[PDB]
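Consider the following structure, which contains MLN8054.
So for chain A, numbering is the PDB entry's, and the shown residues are 605-633, 640-761, 779-888, in order. In listed order, ligands and their atoms are each counted from 1. Note: hydrogens, waters and symmetry copies are ignored here, and every other heavy atom, side chains too, is used.
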Amino acid sequence: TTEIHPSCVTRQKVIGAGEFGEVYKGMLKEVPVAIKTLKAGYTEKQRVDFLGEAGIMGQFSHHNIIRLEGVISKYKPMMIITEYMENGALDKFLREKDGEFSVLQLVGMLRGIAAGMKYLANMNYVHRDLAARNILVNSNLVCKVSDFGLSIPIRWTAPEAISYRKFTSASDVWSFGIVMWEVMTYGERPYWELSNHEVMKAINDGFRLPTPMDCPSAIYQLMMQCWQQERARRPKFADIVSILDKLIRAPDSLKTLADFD
Ligand SMILES: O=C(O)c1ccc(Nc2ncc3c(n2)-c2ccc(Cl)cc2C(c2c(F)cccc2F)=NC3)cc1
């Protein structure tokens, strides 16, 4: 991992509380960055998670995964320095921009998330916490996976993972279907409505999230396939990216809307 000298880093404003201590926006040798710190007295476990997270991110090289600029490990507090994402978290972004994008733009955002997720699944990582709040958005409208999930958000979690803790790339596919629904609704809360216990009961009875307004048939059909009770009947991320690519290349296909009620 690139080791960054602290003289090349400037914290400018706290922007978050974070898993490890404060998160800042700042400037780097100048490019704006986000800066995650590990405050003093951190534990061995915390150090292994903090620098372990940075270790995987630096190795990764995909357009839809947050870019790591480097780490500060020689000096304290330790720092993880990532590209700054101008539009912030996807869930908050969509809720502040209700109705402002075209269906083609919405589907392009989902394609990027699917590609990024695919890269993670092929590299043998299970996210476990795939939700719009864990995707960031830049000034090109590109969505990149962050957080990295857990090493349990009920409303985003697949039935087999709730019921017996089987987290796989197929339960991430379930979560991705929820993310599709979050994007298509501009950040509605899944199952708005229902208690956590009622969601778990509803999912196992075959209930599913309803059709969003202005949602293409193909898009609602795909998220419904992501929500197959049986893991093996869910599409792979490769299948998902491929389908979304065909829809994006023939944009009139997105003009056929699933009925809304
Ligand atoms: O609302 C705005 O105006 C706004 C908010 C944020 C940004 N830009 C930005 N860019 C990169 C990061 C963050 N924020 C950021 C900020 C705070 C915290 Cl607590 C976490 C992160 C994270 C993060 C992460 F590590 C795991 C999971 C989710 C994350 F969001 N990643 C770097 C721009 C505008």
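Here, the main chain in contact with MLN8054 is recorded in the PDB entry as Ephrin type-A receptor 2.
UniProt lists residues of chain A as binding ATP; of these, a heavy atom within 4.0 Å of MLN8054 is found for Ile619, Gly620, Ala621, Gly622, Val627, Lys646. In the vicinity of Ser756, heavy-atom distances shorter than 4.0 Å reach the MLN8054 atoms 23 (C), 24 (C), 25 (F), 26 (C), 27 (C). Between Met695 and MLN8054, an N or O atom pair is found at a separation short of 3.5 Å. The closest approach between MLN8054 and any UniProt active-site residue of chain A, by heavy atoms to 1 Å, is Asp739, 7 Å.
Most residues around MLN8054 in chain A come from the UniProt domain Protein kinase.
MLN8054 lies less than 4.0 angstrom from a heavy atom belonging to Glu696.
Within MLN8054, the atoms closer than 4.0 Å to a non-hydrogen atom of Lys646 are 25 (F), numbered from 1 in the order shown.
Of the candidates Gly698, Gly759, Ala621, the one placing a heavy atom closest to atom 4 (C) of MLN8054 is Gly698. Set against the non-hydrogen atoms of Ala644, the atoms of MLN8054 under 4.0 Å away are 11 (C), 12 (C), 32 (C).
Heavy atoms under 4.0 Å from MLN8054 belong to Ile619, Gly620, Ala621, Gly622, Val627, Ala644, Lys646, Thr692, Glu693, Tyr694, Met695, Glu696, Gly698, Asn744, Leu746, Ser756, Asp757.
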